[PDB]
Amino acid sequence: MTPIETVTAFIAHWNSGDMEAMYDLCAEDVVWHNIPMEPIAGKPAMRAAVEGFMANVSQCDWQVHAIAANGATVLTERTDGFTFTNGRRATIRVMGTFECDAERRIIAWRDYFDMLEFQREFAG
Ligand SMILES: CCCC(CCC)C(N)=O
């Protein structure tokens, strides 16, 4: 699987809610770093963080506007949409850098966005 195909599939798994397929595309030592926050180091810690972030989320609808790769690094421009438990929807504009390991799994995922845009929507 090429890096672009891997990241494309990763996003599709978020969108379908196939969380295990999502994790399976990641290295065991994946670092998930939402840039304004502390990095999350390793798949076990990623599972716990995802559980927290998804607690009040019923569905994801993440749209890739642009994607480009340079070797093992894949860059994205996205709008990440969510539907919350009560049916409210929100979107956050984000760019992400993904790095793939020697096994072509995601070993780093760094997302860049405005913390205020995030806090507005994930408050309450
Ligand atoms: C980009 C800001 C929010 C993050 C974390 C999941 C809630 C995302 N990937 O959309």
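Numbering of residues begins at 1 and proceeds along the displayed sequence. Note that these values count all heavy atoms, side chains included, but never hydrogens, waters or copies made by symmetry. Counting convention: from 1, in listed order, for ligands and their atoms alike.
The drug candidate or drug found at ligand 1 is named valpromide.
The chief contact partner of valpromide (ligand 1) in this model is named by the PDB entry as limonene-1,2-epoxide hydrolase.
The binding-site residues for valpromide (ligand 1) (non-hydrogen atoms, 4.0 Å) are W32, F53, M54, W62, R78, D80, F82, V94, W109, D111, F113, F118, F122. The nearest heavy-atom contact from the protein to atom 1 (C) of valpromide (ligand 1) is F113 CD2, 3.6 Å. Among protein heavy atoms, the minimum distance from atom 5 (C) of valpromide (ligand 1) is reached at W32 CZ2, 4.0 Å.
Near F118, the atoms of valpromide (ligand 1) lying under 4.0 angstrom from a non-hydrogen atom of the residue are 2 (C), 3 (C). Each of the following atoms of valpromide (ligand 1) lies closer than 4.0 Å to a heavy atom of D80: 8 (C), 9 (N), 10 (O). Applying the 4.0 Å criterion to heavy atoms of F82 picks out, from valpromide (ligand 1), the atoms 7 (C), 10 (O).
Proximity to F122 (heavy-atom distance under 4.0 Å) selects the following atoms of valpromide (ligand 1): 7 (C).
For valpromide (ligand 1), the atoms sitting less than 4.0 Å from at least one non-hydrogen atom of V94 are 1 (C), numbered in the order shown with element in parentheses. At under 3.5 Å, not a single nitrogen or oxygen of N34, backbone or side chain, sits near a nitrogen or oxygen of valpromide (ligand 1).
Within valpromide (ligand 1), counting atoms from 1 as listed, the ones closer than 4.0 Å to a heavy atom of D111 are 9 (N).
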